Colleague: 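I have a PDB entry of FG-2216 bound to Egl nine homolog 1; a few questions follow.
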Amino acid sequence: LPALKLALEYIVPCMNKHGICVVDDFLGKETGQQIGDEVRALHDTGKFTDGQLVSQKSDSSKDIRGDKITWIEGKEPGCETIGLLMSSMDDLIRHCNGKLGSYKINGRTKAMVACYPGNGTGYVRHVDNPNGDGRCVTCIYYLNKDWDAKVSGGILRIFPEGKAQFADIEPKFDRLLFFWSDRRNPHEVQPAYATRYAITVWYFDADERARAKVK
Amino acid sequence: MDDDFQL
Ligand SMILES: O=C(O)CNC(=O)c1nc(Cl)c2ccccc2c1O
Ligand SMILES: [Fe+2]
């Protein structure tokens, strides 16, 4: 679908309504598969960190590390398609100008590529931006082929604030996700038993960001 | 803080 249509008939209304929006088959197999390869190349070439220190005790030969990350600008060699994904996310947001709440998005962060190694680690329940640092919208692109949460875990569980239930989103291949970055969406990544990749980009609201250093 | 890119 053309971005503007995807944005106007789906993204905008879903976001203002639920604060969470899922888009399957965002770029298609050929482009989605290439992004997967570039991401996997960065991993195999050691561009990723060693992983978040989960269990830090006494004999550090058995320290347990979880999610590994690397910041991508999109212009790095061997990251062209990743750069293409970022431009595609930008166009959608751009088309949502002045319709996502009363926000006015003027910029974004670099892409944060994450790899949960599959050693049973996940990510504790958290709020992406709990202290008004400017990030209003979180955007995640998943690239995991035939991911079966029933055996591999790695579900993204979001607990919408004005709700008793929670939303379970599987890190499926070619899936694009949007959700308010603040207190409205506390979320967590359930333990992953298989290598799990995702690419995150946060969009900034001009006003929240502008006063971030003086509020 | 986080680096900001103009889209
Ligand atoms: O990947 C997912 O489905 C959900 N991920 C997150 O919510 C998430 N959030 C933050 Cl703030 C970080 C922060 C650092 C590294 C990974 C993160 C992560 O995967
Ligand atoms: Fe998060």
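The first sequence line is chain A, the next is chain B, and the lettering continues from there. Heads up, chain A uses the PDB entry numbers, so what you see runs 188-402. Numbering of chain B is taken from the PDB entry, so the residues present carry the numbers 568-574, in order. All values below were derived from every heavy atom in this structure, side-chain atoms included, with hydrogens, water molecules and symmetry-related copies excluded. Order of appearance sets the numbers: ligands from 1, and atoms from 1 within every ligand.
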Colleague: Which ligands or chains in the shown structure match FG-2216?
Modeller: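 All copies together: ligand 1.
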Colleague: So, around FG-2216 (ligand 1), which other chains have a heavy atom under 4.0 Å away?
Modeller: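 Under 4.0 Å by non-hydrogen atoms: A.
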Colleague: Can you list, by chain and number, the residues with heavy atoms within 4.0 Å of FG-2216 (ligand 1)?
Modeller: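 The binding site of FG-2216 (ligand 1) (heavy atoms) is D254(A), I256(A), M299(A), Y303(A), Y310(A), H313(A), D315(A), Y329(A), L343(A), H374(A), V376(A), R383(A).
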Colleague: Less than 4.0 Å from FG-2216 (ligand 1): which other ligands or ions?
Modeller: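 Closer than 4.0 Å: ligand 2 (FE (II) ION).
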Colleague: Could you find the nearest protein heavy atom to atom 13 (C) of FG-2216 (ligand 1) and give me its residue, atom name and distance?
Modeller: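 Closest protein heavy atom to atom 13 (C) of FG-2216 (ligand 1): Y310(A) OH, 3.4 Å.
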Colleague: Only heavy atoms of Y303(A), strictly under 4.0 Å: list the atoms of FG-2216 (ligand 1) that pass.
Modeller: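 Here the atoms of FG-2216 (ligand 1) in question are 18 (C), 19 (O).
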Colleague: Find the residues of chain A UniProt lists as binding Fe cation whose heavy atoms come closer than 4.0 Å to FG-2216 (ligand 1).
Modeller: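 The overlap, by heavy atom and UniProt annotation, is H313(A), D315(A), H374(A).
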Colleague: Of all the non-hydrogen atoms in the protein, which one sits nearest to atom 2 (C) of FG-2216 (ligand 1), and at what distance?
Modeller: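 The protein heavy atom lying closest is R383(A) NH2, 3.3 Å.
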Colleague: Should you measure from each heavy atom of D254(A), which atoms of FG-2216 (ligand 1) turn up under 4.0 Å away?
Modeller: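 Answer for FG-2216 (ligand 1): 15 (C), 16 (C).
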Colleague: Quick one: which FG-2216 (ligand 1) atoms are inside 4.0 Å of a heavy atom on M299(A)?
Modeller: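 Numbered from 1, FG-2216 (ligand 1) contributes 12 (C), 13 (C), 14 (C), 15 (C), 16 (C), 17 (C).
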Colleague: Give the source organism of chain A as stated in the entry.
Modeller: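 For chain A, the PDB records Homo sapiens.
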Colleague: Who's the nearest protein heavy-atom neighbour of atom 11 (Cl) of FG-2216 (ligand 1), and how far?
Modeller: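 For atom 11 (Cl) of FG-2216 (ligand 1), the nearest protein heavy atom is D315(A) OD1, 3.3 Å.
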Colleague: Would you mind checking which non-hydrogen protein atom is closest to atom 4 (C) of FG-2216 (ligand 1), with the distance to 0.1 Å?
Modeller: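 Answer for atom 4 (C) of FG-2216 (ligand 1): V376(A) CG2, 3.2 Å.
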Colleague: If you count the atoms of FG-2216 (ligand 1) from 1 in the order shown, which ones are under 4.0 Å from a heavy atom of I256(A)?
Modeller: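 Taking each heavy atom of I256(A) in turn, FG-2216 (ligand 1) has 15 (C) under 4.0 Å.
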Colleague: What I want to know is whether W389(A) and FG-2216 (ligand 1) share at least one N or O pair that is separated by under 3.5 angstrom.
Modeller: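 In fact, backbone or side chain, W389(A) has no N or O that close.
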Colleague: To check your reading of the model: name the closest protein heavy atom to atom 8 (C) of FG-2216 (ligand 1), its residue, and the distance in Å.
Modeller: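 Heavy-atom neighbour on the protein nearest atom 8 (C) of FG-2216 (ligand 1): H313(A) NE2, 3.8 Å.
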Colleague: Does FG-2216 (ligand 1) reach any of the residues UniProt lists as binding 2-oxoglutarate in chain A within 4.0 Å (heavy atoms), and which are they?
Modeller: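 In chain A, UniProt ones with a heavy atom near FG-2216 (ligand 1): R383(A).
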Colleague: Provide the UniProt domain of chain A home to most residues in contact with FG-2216 (ligand 1).
Modeller: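 Chiefly UniProt domain Fe2OG dioxygenase.
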Colleague: Distances under 3.5 Å, N/O of FG-2216 (ligand 1) against N/O of the protein: list each pair and its distance.
Modeller:
unit_1	atom_1	unit_2	atom_2	d
FG-2216 (ligand 1)	1 (O)	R383(A)	NH1	3.0
FG-2216 (ligand 1)	3 (O)	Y329(A)	OH	2.6
FG-2216 (ligand 1)	3 (O)	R383(A)	NH2	2.6
FG-2216 (ligand 1)	7 (O)	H313(A)	NE2	3.3
FG-2216 (ligand 1)	7 (O)	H374(A)	NE2	2.8
FG-2216 (ligand 1)	9 (N)	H313(A)	NE2	3.0
FG-2216 (ligand 1)	19 (O)	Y303(A)	OH	2.7

